[PDB]
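Here is the structure we will look at, set down as structure tokens.
Note that the numbering runs from 1 along the sequence shown for the chain. Structure method, as recorded: X-ray crystallography, 1.8 Å. Below, each value reflects all heavy atoms present in this structure, side chains not excepted, and no hydrogens, waters or symmetry copies. Remember, it's 1-based here, ligands and their atoms both numbered in the order they're listed.
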Amino acid sequence: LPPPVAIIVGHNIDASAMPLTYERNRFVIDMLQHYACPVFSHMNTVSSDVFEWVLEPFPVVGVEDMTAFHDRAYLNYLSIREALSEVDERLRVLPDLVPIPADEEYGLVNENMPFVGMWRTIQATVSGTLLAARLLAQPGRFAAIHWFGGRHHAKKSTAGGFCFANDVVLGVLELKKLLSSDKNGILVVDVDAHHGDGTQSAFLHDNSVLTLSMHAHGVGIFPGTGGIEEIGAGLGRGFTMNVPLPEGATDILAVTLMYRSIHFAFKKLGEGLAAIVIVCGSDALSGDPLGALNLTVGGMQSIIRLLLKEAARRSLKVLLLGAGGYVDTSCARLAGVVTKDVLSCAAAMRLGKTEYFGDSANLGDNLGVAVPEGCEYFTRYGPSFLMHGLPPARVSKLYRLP
Ligand SMILES: Cn1cc(CNCC2CCN(c3ncc(C(=O)NO)cn3)CC2)c2ccccc21
Ligand SMILES: [K+]
Ligand SMILES: [K+]
Ligand SMILES: [Zn+2]
């Protein structure tokens, strides 16, 4: 049997890096190596019974690996768009291309402007998430972790919210087709600060994939959808869930409501639940410039521990993806603690334990967990260098619903 956790990294961690968050993958991997992995192992020279640090081999993906969800014409356009105009010169890495009229049909405008390397970035993202799903489906595999995925806004034939191809959807479809067609129900829990509208759209009529999105909601809050009334259509009625939070919501609101929503989702799927897909965006954390919430690291950690605890107890499968997150240190902090929770969870399972998080600090009550001094980016975690440290709140904190 393989190690129960697969961590999908690759040889080039910048391959999937997006223009606005170009260094973020580096912060995240740095924190995994120094915070999450050491206690579970003895970086290509690491030995572990708990996790596998996956650098090879990433599948080569093209248009035909994305047509399971996306329109072929849209994908063909993405595949050749960088040949269709010049770099706009009127000095950021991966710079924007000159816009052309054919971009408009597909939403490849504004935040979704084409840029050099776009198709290579899309390929690396989809490749990693498809590899994660394939390794997860293997016997003995508890979890697969691809922090570089999570492009949850992309729709069948349109880009949106910095997302071109929806690897969340493609990963759901790939994992489902490799699970026993007796028991292959999927729960997708999206705790990025914005509505998971692309994933929702893909499964709106579907009663075998339950999409649950927590997000800020209100005037001026992208993408403007995801009210409580969106519950799905047709056979999918009841299998779409949204928890729209008021701008600035804190843990007491988000954690409480999500605990209730997750438990209801567990009841809705019952014994057909085979896997939980987690879309973990750190832009819901306080201090984020583009998210509009005030969750803490321990708050997000606690929501996800509920999902980990359930999949561990019932011997299910967990696919963990990233998403948004526009403070690099906050992204790495959250990825470090969530990954360590998954590792501690998987190790406890193999030892037949019933406590799953004994080897990973709960930041909700351990308020002194240090950022490891060995981190390459250690000096960026000031002024206090603790794993729960967040920037000051950008929007005022809300503890009660209006
Ligand atoms: C469709 N639509 C377009 C706008 C105007 N654009 C503003 C946004 C703000 C900035 N932006 C954006 N995208 C993705 C993320 C993310 O993390 N998604 O998980 C965050 N931020 C795109 C543009 C807008 C504002 C409110 C509601 C809907 C609206
Ligand atoms: K969300
Ligand atoms: K659904
Ligand atoms: Zn987001």
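Sitting at ligand 1 is the drug quisinostat. Counting heavy-atom pairs under 4.5 Å, the chain with the largest count for quisinostat (ligand 1) is, by its name in the PDB entry, Histone deacetylase DAC2. Measured on heavy atoms with a 4.0 Å cut-off, the binding site of quisinostat (ligand 1) is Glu111, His152, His153, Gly161, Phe162, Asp192, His194, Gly220, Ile221, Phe222, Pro223, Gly224, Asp283, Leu290, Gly324, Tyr326. For atom 16 (C) of quisinostat (ligand 1), the nearest protein heavy atom lies under 4.0 Å away. Of all atoms in quisinostat (ligand 1), numbered sequentially from 1 with element shown, those under 4.0 Å from a heavy atom of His152 are 18 (N), 19 (O). Put simply, atom 5 (C) of quisinostat (ligand 1) has no protein non-hydrogen atoms near it, under 4.0 Å away.
Nearest protein heavy-atom contact of atom 2 (N) of quisinostat (ligand 1) is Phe222 CD1, 3.7 Å. Atom numbering of quisinostat (ligand 1) starts at 1 in the shown order; those under 4.0 Å from a heavy atom of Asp283 are 16 (C), 17 (O). Near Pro223, with a cut-off below 4.0 Å to any heavy atom, the atoms of quisinostat (ligand 1) are 27 (C), 28 (C). Heavy-atom proximity to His153, at under 4.0 Å, picks out these atoms of quisinostat (ligand 1): 16 (C), 18 (N), 19 (O). Nearest to atom 11 (N) of quisinostat (ligand 1) among the protein's heavy atoms is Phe162 CZ, 4.0 Å.
The PDB records the source of chain A as Trypanosoma cruzi. Within a 4.0 Å radius of atom 20 (C) of quisinostat (ligand 1), the protein contributes at least one heavy atom.
Counting atoms of quisinostat (ligand 1) from 1 in the listed order, those under 4.0 Å from a heavy atom of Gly220 are 26 (C). In terms of polar-atom proximity, defined here as any N/O pair under 3.5 Å, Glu111 makes no such contact with quisinostat (ligand 1). Close contacts of quisinostat (ligand 1) with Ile221, meaning ligand atoms under 4.0 Å from a residue heavy atom, involve 26 (C), 27 (C).
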Mind listing the N or O contacts between quisinostat (ligand 1) and protein, cut-off under 3.5 Å?
from: quisinostat (ligand 1); atom 1: 17 (O); to: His194; atom 2: ND1; distance (Å): 3.2
from: quisinostat (ligand 1); atom 1: 17 (O); to: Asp283; atom 2: OD2; distance (Å): 2.9
from: quisinostat (ligand 1); atom 1: 17 (O); to: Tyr326; atom 2: OH; distance (Å): 2.7
from: quisinostat (ligand 1); atom 1: 18 (N); to: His153; atom 2: NE2; distance (Å): 2.6
from: quisinostat (ligand 1); atom 1: 18 (N); to: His194; atom 2: ND1; distance (Å): 3.4
from: quisinostat (ligand 1); atom 1: 19 (O); to: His152; atom 2: NE2; distance (Å): 2.7
from: quisinostat (ligand 1); atom 1: 19 (O); to: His153; atom 2: NE2; distance (Å): 2.9
from: quisinostat (ligand 1); atom 1: 19 (O); to: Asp192; atom 2: OD1; distance (Å): 3.0
from: quisinostat (ligand 1); atom 1: 19 (O); to: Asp192; atom 2: OD2; distance (Å): 3.2
from: quisinostat (ligand 1); atom 1: 19 (O); to: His194; atom 2: ND1; distance (Å): 3.4

